[PDB]
Amino acid sequence: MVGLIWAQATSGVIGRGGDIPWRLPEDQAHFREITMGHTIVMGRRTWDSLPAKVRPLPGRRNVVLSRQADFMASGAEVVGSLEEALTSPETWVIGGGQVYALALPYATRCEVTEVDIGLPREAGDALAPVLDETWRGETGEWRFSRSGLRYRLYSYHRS
Ligand SMILES: NC(=O)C1=CN([C@@H]2O[C@H](COP(=O)(O)OP(=O)(O)OC[C@H]3O[C@@H](n4cnc5c(N)ncnc54)[C@H](OP(=O)(O)O)[C@@H]3O)[C@@H](O)[C@H]2O)C=CC1
Ligand SMILES: COc1cc(Cc2cnc(N)nc2N)cc(OC)c1OC
């Protein structure tokens, strides 16, 4: 089982300038709840994006995908291919617009957070993968974050 998890603006933007372009404090706990105790896979840039005090993410086996055989990632496992990263029975791909695209075909689950923020795509932004009709989903109820942004959770699956 390979699952993807991300938070996106309605527009599909998930990253800009190397950061997540919004504040949603409730996201951290939902992300934790889903990923805790599992192996997590991320692209090198997502690893770099993680604050130094929080990486590697605690309670999870951190796997970082990189083309540099010499890449240094303390507390994480650096691999050079997707096949080497997906060996666990339950793996969660936590990032990179690139890595989500790469891992989507191996996936049978997607946990998505839609952020109701006006943020049109700009050239160079990290974008979420598009889910075609092979996916079946359930949309949760919109809620208000204390940051003032409205958001909702989606759960998709396919066999
Ligand atoms: N909103 C959300 O939920 C999330 C948003 N993000 C955002 O996403 C952005 C980063 O996304 P993005 O720029 O696409 O980067 P990625 O995180 O996907 O990392 C891309 C890197 O992964 C490695 N890589 C990619 N493909 C391969 C491959 N086929 N084989 C081996 N290594 C590979 C390379 O590392 P190298 O160059 O070292 O070889 C490449 O530069 C940031 O802005 C981040 O904040 C991240 C996570 C969640
Ligand atoms: C928990 O800390 C982070 C987690 C993530 C990945 C991530 C965060 N939220 C969601 N919903 N899906 C994800 N894959 C990405 C981050 O920065 C890009 C983080 O630092 C803020």
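We count residues from 1, following the sequence as given. Basis for what follows: all heavy atoms, side chains included, without hydrogens, waters or symmetry-related copies. All ligand and atom numbering here is 1-based and tracks the order in the structure.
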Engineer: What is ligand 2 bound to here, taking the chain with most contacts and naming it as UniProt does?
Structural biologist: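 With more contacts than any other chain, that's Dihydrofolate reductase.
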Engineer: Which listed candidate (triclocarban, mavacamten, sertraline, trimethoprim) is the molecule at ligand 2?
Structural biologist: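 The one found there is trimethoprim.
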Engineer: Which residues, listed by UniProt as substrate-binding in chain A, lie less than 4.0 Å from trimethoprim (ligand 2) by heavy-atom distance?
Structural biologist: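 Heavy atoms under 4.0 Å from trimethoprim (ligand 2), UniProt residues: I5, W6, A7, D27, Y100.
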Engineer: Which bit of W6 is near trimethoprim (ligand 2), meaning a heavy atom under 4.0 Å away: side chain, backbone, both or neither?
Structural biologist: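 It is the backbone that touches trimethoprim (ligand 2); the side chain stays farther off.
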Engineer: So what's the organism behind chain A, according to the entry?
Structural biologist: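 It's listed in the entry as Mycobacterium tuberculosis.
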Engineer: Under a 4.0 Å heavy-atom limit, does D27 contact trimethoprim (ligand 2) with its side chain, its backbone, both, or neither?
Structural biologist: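 Looking at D27 and trimethoprim (ligand 2), just side chain atoms fall under 4.0 Å.
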Engineer: So, looking at chain A, which of its UniProt NADP(+)-binding residues come within 4.0 Å of trimethoprim (ligand 2), heavy atoms only?
Structural biologist: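 I count these UniProt residues with a non-hydrogen atom in range: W6, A7, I94.
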Engineer: Kindly identify the option in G18, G96, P51, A29 whose heavy atom sits closest to atom 20 (O) of trimethoprim (ligand 2).
Structural biologist: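 Looking at heavy atoms only, the winner is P51.
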Engineer: At a non-hydrogen distance cut-off of under 4.0 Å, which region of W47 contacts trimethoprim (ligand 2) (side chain, backbone, both, or neither)?
Structural biologist: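 Neither part.
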Engineer: Is any covalent bond from trimethoprim (ligand 2) to a polymer chain modeled here, and which residue and atom does it involve?
Structural biologist: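 The deposited model shows no covalent tie.
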Engineer: For trimethoprim (ligand 2), which part of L50 has a heavy atom less than 4.0 Å away: the side chain, the backbone, both, or neither?
Structural biologist: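 For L50, only side-chain atoms sit under 4.0 Å from trimethoprim (ligand 2).
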Engineer: Which UniProt domain of chain A holds most of the residues in contact with trimethoprim (ligand 2)?
Structural biologist: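 That's UniProt domain dhfr.
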Engineer: Which residues and nucleotides contact trimethoprim (ligand 2) at a heavy-atom distance below 4.0 Å?
Structural biologist: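 Sure - by heavy atoms, that gives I5, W6, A7, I20, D27, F31, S49, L50, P51, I94, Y100.
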